[PDB]
Amino acid sequence: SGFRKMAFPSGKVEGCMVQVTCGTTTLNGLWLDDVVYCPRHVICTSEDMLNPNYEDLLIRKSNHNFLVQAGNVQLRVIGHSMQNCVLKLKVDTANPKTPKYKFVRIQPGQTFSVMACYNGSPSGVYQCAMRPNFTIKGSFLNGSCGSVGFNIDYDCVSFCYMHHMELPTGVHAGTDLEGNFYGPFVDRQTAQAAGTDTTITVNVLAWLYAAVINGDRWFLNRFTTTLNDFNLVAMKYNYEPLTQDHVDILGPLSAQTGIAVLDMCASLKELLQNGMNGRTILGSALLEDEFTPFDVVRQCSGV
Amino acid sequence: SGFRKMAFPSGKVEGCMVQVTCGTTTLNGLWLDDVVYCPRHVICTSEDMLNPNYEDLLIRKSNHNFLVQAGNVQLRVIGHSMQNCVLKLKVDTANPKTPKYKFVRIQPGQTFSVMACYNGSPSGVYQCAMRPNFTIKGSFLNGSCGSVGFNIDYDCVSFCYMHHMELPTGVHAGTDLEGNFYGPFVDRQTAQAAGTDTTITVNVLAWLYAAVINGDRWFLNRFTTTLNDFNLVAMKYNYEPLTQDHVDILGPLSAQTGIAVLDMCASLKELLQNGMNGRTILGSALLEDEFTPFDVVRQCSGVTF
Ligand SMILES: *[C@@](O)(CO)[C@H](C[C@H]1CCNC1=O)NC(=O)[C@H](CC(C)C)NC(=O)c1cc2c(OC)cccc2[nH]1
Ligand SMILES: *[C@@](O)(CO)[C@H](C[C@H]1CCNC1=O)NC(=O)[C@H](CC(C)C)NC(=O)c1cc2c(OC)cccc2[nH]1
C-alpha cells in the first residue's frame, strides 16, 4: 500500500541525452538514431534571443558550428534542419542505445516523467502533469533546456515534452518532440503569461479515491449530487468540468472502494465550499490534482 | 526554479535488478559484480514465514535450489551465504553493467531514491526520507521485496536500503545492504508497530533556508538560541533533536544566506510556539521535512552525474 508521486525508470532515456553547444550557448539534446533533437534557440546569441528570425539565423549556420558531445566522444554533425522550435542535427553515428520510441503530444491533465539534465548529464527524475493552461510545475534551472518528458509502455518510450522556458510566475513551458509549444508561448526572451490555471477535477477525485483506499475517509459524507450541479460548483472554483468519460474512467476506483463517483463529487464539493480546516489528505493540506486515475490504479490496485 | 521531490536517474541501478526465486517464492535482487543480494526470506514458504528459523531453513538449501534470472536469462548460482537478513548468492557471471558502488547505512532524516521493482523489472522511481522511527512512507505492492534505495554521488551508487516489510499502518521497513534492519523490526510474517514518529528538524530548517534563498524571509526574527535549549524545546513539539552533524550539513546554506544555524533555529522555535499566524512559507502553511540540505542545494544549483 501507500501512494507516492512516481516516475518511470529513466535508464532508457539517460542513454540518449547529449550536450549541444553553438557559440556560447549550451543546452541538452536527445540523440535517437542518427538525429539529435534540441531546442532551436541554441543557434541564438544573447542578442538574437530578444527577437530571433530563426530561419534567417539557421541558414547562416554550418554543420561545424555545432558541438555535439555524447559523454566523452564528440559526434560529427553531417546535417542540420528545423522542425518548428526543435532543431534536428543529423550526425554520422546512430545512437546504439536508441530504445523503441515514439513522438506523442500529451493531453492536458495527463502525466509524464521529466528527466532534468544539465550539460548533457541526467541529474534528476520526477513526475509532472500537463496543466489545463499547458504549463507544468517543474524544477528547472539554467541549462535545463533540452530536458525531455516521457512515458514508458512495455519497452516503448513515448517522448512528449522538451523544455524551453520558465515563466515569470515560476512554472515552465515547452514543446512536443515536433517542436510545437504546449500553450500560447513563444521561444523568445520575453516575459510571458499563461491562461488561467484551472484544476484537473478528474485527477482530484482519483486522488481522493486513493486517500480512501489508504484508510482516510474523513472528507466523505452522506450527500450526493448530479453531474451538472457538481460542475456548476466546480466551475465556480475554477475547476475543469467533469465529463461522463471522466466518470467512466473513475469506474474501477469506484468499484474497488464502493463509493459512487457522484458520491465522491459530493465530498469534493463540500471540501471546496468548506475547506479542509487544519486537516490533511494523504499528507497534503491542498487538493492534489497531478495524479491521474491510472496513476492511482497502478499503485492502489488490490491494496 | 521550482521545488520538487526529485529522484536520481535510475539507469545505473536498473542494470542491476534481477529476480530470485526459491520454490514458488519470488522477489527482487541486486546483481553487483558476481554476487546477488536479496532478502533471505525468499527461502521461506508461505507457512515457513510465520515463525522462521532461517539458519535451519538455509541448511536445507543448496546452490541448485536458487533460481536467479536477469530477464528470462538464468544466472547459475555457484555459492550462497547469509548475512543478517540479506541472502548473498555468488553467480557465475559478473554483471557487465555493474557501476561504481558502495554500501552505506543512512541516518534518519536522510533521503534516497527508491527503485520500485517487480519480478526483477524496475517499475517506478521516487524519493523517500528515512523517518526518525526508521520507517519510510513508500508505495510498495506484493512482490516488491528486494527493491533497493540508493543515492548517486558523482558516478558512485551508494546503496542504503533493501525492502522487506509493510507495517499495518501502511508504512514500510527494511534493511541496509548488509542485512541489518533499520529500526526494531524483524523479517517475520507478523504485524509490527513502529515508534511514534517525529518531524525531521534539520530538514525543516533546510526548507526555511530554501525559502530565504527565494526571497521569502518574513519568519526571520532577532532572536538566537543555544543548541541544547532549542533541542529541549523542539522535543516538546514532536521535533527531532539536532546533532552536531546536522548543524554542519546546514553549513553551506548558512553561509549562502548569511543566517547562522542557531539564528534560524530561534526562528523555527518562534514558528512552533506561535504558529504561522495565517501566513505561508514557499506557498505552503505546512512545514516540509523531507528535503535535506543537500536536496535544497541540489535544486537551487543543479548538480549532475
Ligand atoms: C533554457 O535552459 C535556455 O537554453 C532556459 C530554461 C531555464 C531558465 C531558468 N529556468 C529554466 O527553466 N530557457 C530560457 O532561458 C528561455 C529562452 C527562450 C526560449 C529564448 N527564456 C526564459 O526562460 C525566460 C525569459 C524571460 C523574461 O524575458 C526576458 C522575463 C521573465 C521570465 C523569463 N523567462
Ligand atoms: C515482500 O514483497 C515479500 O517478499 C513483501 C512486501 C510487500 C507486500 C505488500 N507491501 C509490501 O511492502 N513482504 C511481506 O509480505 C513481509 C514478509 C516477511 C518478511 C516474512 N510481511 C509483511 O510485510 C507483513 C506481515 C504482516 C502481518 O502479519 C501477518 C500483519 C500486518 C502487516 C503485515 N506485513
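The alphabet sets the chain names here, A first, running in the order the sequence lines are given. In chain A, numbers come from the PDB entry; the residues present are 1-303, in order. Following the PDB entry, chain B shows residues 1-305, kept in their order. Both counts, for ligands and for their atoms, begin at 1 and track the order of listing. Side chains included, hydrogens not; waters and symmetry mates left out as well; all remaining heavy atoms used.
This structure shows the drug at ligand 2 to be PF-00835231 (bound form).
In this structure the chain with most contacts to PF-00835231 (bound form, ligand 2) is the one the PDB entry names 3C-like proteinase nsp5. Those other chains that come under 4.0 Å from PF-00835231 (bound form, ligand 2), heavy atoms only, are B.
Contacts with PF-00835231 (bound form, ligand 2) closer than 4.0 Å are made by no heavy atom of B/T25, backbone or side chain. Counting heavy atoms closer than 4.0 Å to PF-00835231 (bound form, ligand 2), residue B/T190 contributes backbone atoms (N, CA, C, O) but none from C-beta onward. Near B/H163, with a cut-off below 4.0 Å to any heavy atom, the atoms of PF-00835231 (bound form, ligand 2) are 6 (C), 11 (C), 12 (O).
Considering backbone and side-chain atoms alike, B/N142 places every N or O at 3.5 Å or more from each N or O of PF-00835231 (bound form, ligand 2). The authors modeled a covalent bond from PF-00835231 (bound form, ligand 2) to B/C145 SG. Of the listed residues (B/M49, B/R40, B/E166), the one carrying the non-hydrogen atom nearest atom 33 (C) of PF-00835231 (bound form, ligand 2) is B/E166. For chain B, the active-site residue flagged by UniProt that comes closest to PF-00835231 (bound form, ligand 2), at the heavy-atom distance given to 1 Å, is B/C145, 2 Å.
Looking at B/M165 against PF-00835231 (bound form, ligand 2), both its backbone and its side chain come within 4.0 Å, counting heavy atoms.
Which of A/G302, B/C145, A/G2, B/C85 comes nearest to atom 6 (C) of PF-00835231 (bound form, ligand 2) through a heavy atom is settled by distance: it is B/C145. Near B/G143, meaning under 4.0 Å from any of its heavy atoms, are these atoms of PF-00835231 (bound form, ligand 2): 2 (O).
PF-00835231 (bound form, ligand 2) lies out of reach of B/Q192, whose nearest heavy atom is not under 4.0 Å from it. Considering backbone and side-chain N/O of B/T26, none are found under 3.5 Å from N/O of PF-00835231 (bound form, ligand 2).
UniProt assigns most of the residues of chain B contacting PF-00835231 (bound form, ligand 2) to the domain Peptidase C30. The PDB entry identifies the source organism of chain B as Severe acute respiratory syndrome coronavirus 2. In terms of polar-atom proximity, defined here as any N/O pair under 3.5 Å, B/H41 does make such a contact with PF-00835231 (bound form, ligand 2). Counting heavy atoms under 4.0 Å, the binding site of PF-00835231 (bound form, ligand 2) comprises B/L27, B/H41, B/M49, B/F140, B/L141, B/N142, B/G143, B/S144, B/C145, B/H163, B/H164, B/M165, B/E166, B/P168, B/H172, B/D187, B/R188, B/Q189, B/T190, B/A191.
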